[PDB]
**Student:** 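Today's structure: one with sorafenib.
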Amino acid sequence: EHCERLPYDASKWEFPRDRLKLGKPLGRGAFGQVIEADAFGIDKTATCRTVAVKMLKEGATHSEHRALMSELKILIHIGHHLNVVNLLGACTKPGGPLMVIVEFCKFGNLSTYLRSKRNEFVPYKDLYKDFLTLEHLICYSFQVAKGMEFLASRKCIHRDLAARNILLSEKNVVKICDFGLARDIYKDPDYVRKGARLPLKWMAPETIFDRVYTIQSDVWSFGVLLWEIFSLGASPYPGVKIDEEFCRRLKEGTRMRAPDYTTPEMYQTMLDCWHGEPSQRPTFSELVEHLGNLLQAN
Ligand SMILES: CNC(=O)c1cc(Oc2ccc(NC(=O)Nc3ccc(Cl)c(C(F)(F)F)c3)cc2)ccn1
């Protein structure tokens, strides 16, 4: 499951630490961090490139180092896709810290970004040049579904799909990622204490109750991600304490109301992703086809 059998090809991925100029932090948890860096010649010969470097911080143990190595292997296993954050290289040599180097995405995470554009949105479109529109939102949804369809094809599951784990790069390209240990999950209100600190508002009933993670529970989370996108970055389940009674109502069939910027069809898609039976939710392949059609109709 963590790719401990498949090897690391150093000649392909290894990047020298002394060609990496580390800069300002991009995100910090308790044990992990992401740092902005300039990398000389990491992918194009003798060309300086801005990159994002995931690494441990002081306080990390070897257990987190093992987790970071497994993350490097998972990214190598998954391979390249436009809508998955692109692995560029790694620093794995002894005598320095493990570093996982990925592409830098200009606009950061999608939640924060959308939350800043409420005053820069029109449903259908020079004064409006940098505005989001309904087309951008369906387009972002489409791209995340394509990315997840790809992940499913590599026999992977995300386990933490949410707008905070989507990056927005140039030209309206979104990329799925996992900040993981580079997010302070104690101080982040999206992760609630259960037994573990877990993203309960994004989790399917079977995951909350039976600790079952499959690609179909990722579909549930994708539905919540849609809600985040068509609320322009609102926090899910507004006005609700996330306690025992929330978990019961969810099981009983309670669901979020339509968000402010949704279409009727998009809301029905959120409801489809939140079907109580995992097998009756759409697949990511069906989500791709469906969102592609909605993009046409738009
Ligand atoms: C302003 N710009 C930034 O702040 C910024 C910050 C970045 O920080 C990041 C750096 C590295 C990562 N690492 C992953 O994502 N690891 C990963 C592990 C398992 C799995 Cl399954 C996946 C997958 F496949 F889901 F994608 C991805 C995540 C975010 C990157 C770009 N830009």
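We're sticking with the PDB entry numbering for chain A, so the shown stretch reads 815-939, 994-1063, 1065-1167, in order. For this deposited structure, the header notes the method as X-ray crystallography, 1.9 Å. The figures here come from the full heavy-atom set of this structure, side chains too, leaving out hydrogens, waters and symmetry mates. Order of appearance sets the numbers: ligands from 1, and atoms from 1 within every ligand.
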**Student:** Looking at this structure, what macromolecule is in contact with sorafenib (ligand 1) the most, according to UniProt?
**Tutor:**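 The chief partner is Vascular endothelial growth factor receptor 2.
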**Student:** Can you check which residues touch sorafenib (ligand 1) if I set the heavy-atom cut-off to 4.0 Å?
**Tutor:**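 By heavy-atom distance, those would be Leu840, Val848, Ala866, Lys868, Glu885, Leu889, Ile892, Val898, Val899, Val916, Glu917, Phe918, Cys919, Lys920, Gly922, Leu1019, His1026, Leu1035, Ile1044, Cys1045, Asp1046, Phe1047.
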**Student:** Most of the contacts with sorafenib (ligand 1) on chain A come from which UniProt domain?
**Tutor:** Protein kinase
**Student:** Distance to 0.1 Å, residue and atom name: give those for the protein heavy atom nearest to atom 26 (F) of sorafenib (ligand 1).
**Tutor:**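 Looking only at protein heavy atoms, the one closest to atom 26 (F) of sorafenib (ligand 1) is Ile1044 O, 3.1 Å.
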**Student:** Among UniProt active-site residues of chain A, which is nearest to sorafenib (ligand 1), and at what closest non-hydrogen distance, rounded to 1 Å?
**Tutor:** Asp1028, 8 Å
**Student:** Please write down residue, atom name and distance for the protein heavy atom closest to atom 17 (C) of sorafenib (ligand 1).
**Tutor:** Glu885 OE2, 3.7 Å
**Student:** What atoms in sorafenib (ligand 1) come closer than 4.0 Å to a heavy atom of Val898?
**Tutor:**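 Counting atoms of sorafenib (ligand 1) from 1, those under 4.0 Å from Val898 are 24 (F), 26 (F).
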**Student:** How does sorafenib (ligand 1) relate to the UniProt ATP site of chain A: which of those residues have a heavy atom under 4.0 Å from it?
**Tutor:** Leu840, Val848, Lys868
**Student:** Pull out every atom of sorafenib (ligand 1) sitting under 4.0 Å from any heavy atom of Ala866, numbered as shown with elements.
**Tutor:** 7 (C), 30 (C), 31 (C)
**Student:** Which residue supplies the protein heavy atom nearest to atom 31 (C) of sorafenib (ligand 1), what is that atom called, and how far is it?
**Tutor:** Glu917 O, 3.3 Å
**Student:** Could you find the nearest protein heavy atom to atom 10 (C) of sorafenib (ligand 1) and give me its residue, atom name and distance?
**Tutor:**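 Checked against all protein heavy atoms, atom 10 (C) of sorafenib (ligand 1) sits closest to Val916 CG2, 3.5 Å.
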**Student:** Which residue and atom name correspond to the protein heavy atom nearest atom 25 (F) of sorafenib (ligand 1), and how close is it?
**Tutor:**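 Closest protein heavy atom to atom 25 (F) of sorafenib (ligand 1): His1026 CD2, 3.2 Å.
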**Student:** Name the closest protein heavy atom to atom 9 (C) of sorafenib (ligand 1), giving the residue it belongs to and the distance to 0.1 Å.
**Tutor:** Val848 CG2, 3.8 Å
**Student:** Distance to 0.1 Å, residue and atom name: give those for the protein heavy atom nearest to atom 28 (C) of sorafenib (ligand 1).
**Tutor:** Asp1046 O, 3.5 Å
**Student:** Considering the heavy atoms of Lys920, write down every atom of sorafenib (ligand 1) situated less than 4.0 Å from one of them.
**Tutor:**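 Near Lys920, the atoms of sorafenib (ligand 1) are 1 (C).
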**Student:** Among all protein heavy atoms, pick out the one at the shortest distance from atom 21 (Cl) of sorafenib (ligand 1); state its residue, atom name and that distance to 0.1 Å.
**Tutor:**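 Heavy-atom neighbour on the protein nearest atom 21 (Cl) of sorafenib (ligand 1): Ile892 CD1, 4.0 Å.
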**Student:** Between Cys919 and sorafenib (ligand 1), does any nitrogen or oxygen pair lie at a separation below 3.5 Å?
**Tutor:** yes
**Student:** Polar pairs, sorafenib (ligand 1) vs protein, N/O only, below 3.5 Å.
**Tutor:**
residue              : atom   : partner : partner atom : Å
sorafenib (ligand 1) : 2 (N)  : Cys919  : O            : 2.8
sorafenib (ligand 1) : 13 (N) : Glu885  : OE2          : 3.0
sorafenib (ligand 1) : 15 (O) : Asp1046 : N            : 2.8
sorafenib (ligand 1) : 15 (O) : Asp1046 : O            : 3.4
sorafenib (ligand 1) : 16 (N) : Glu885  : OE2          : 2.7
sorafenib (ligand 1) : 32 (N) : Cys919  : N            : 3.2

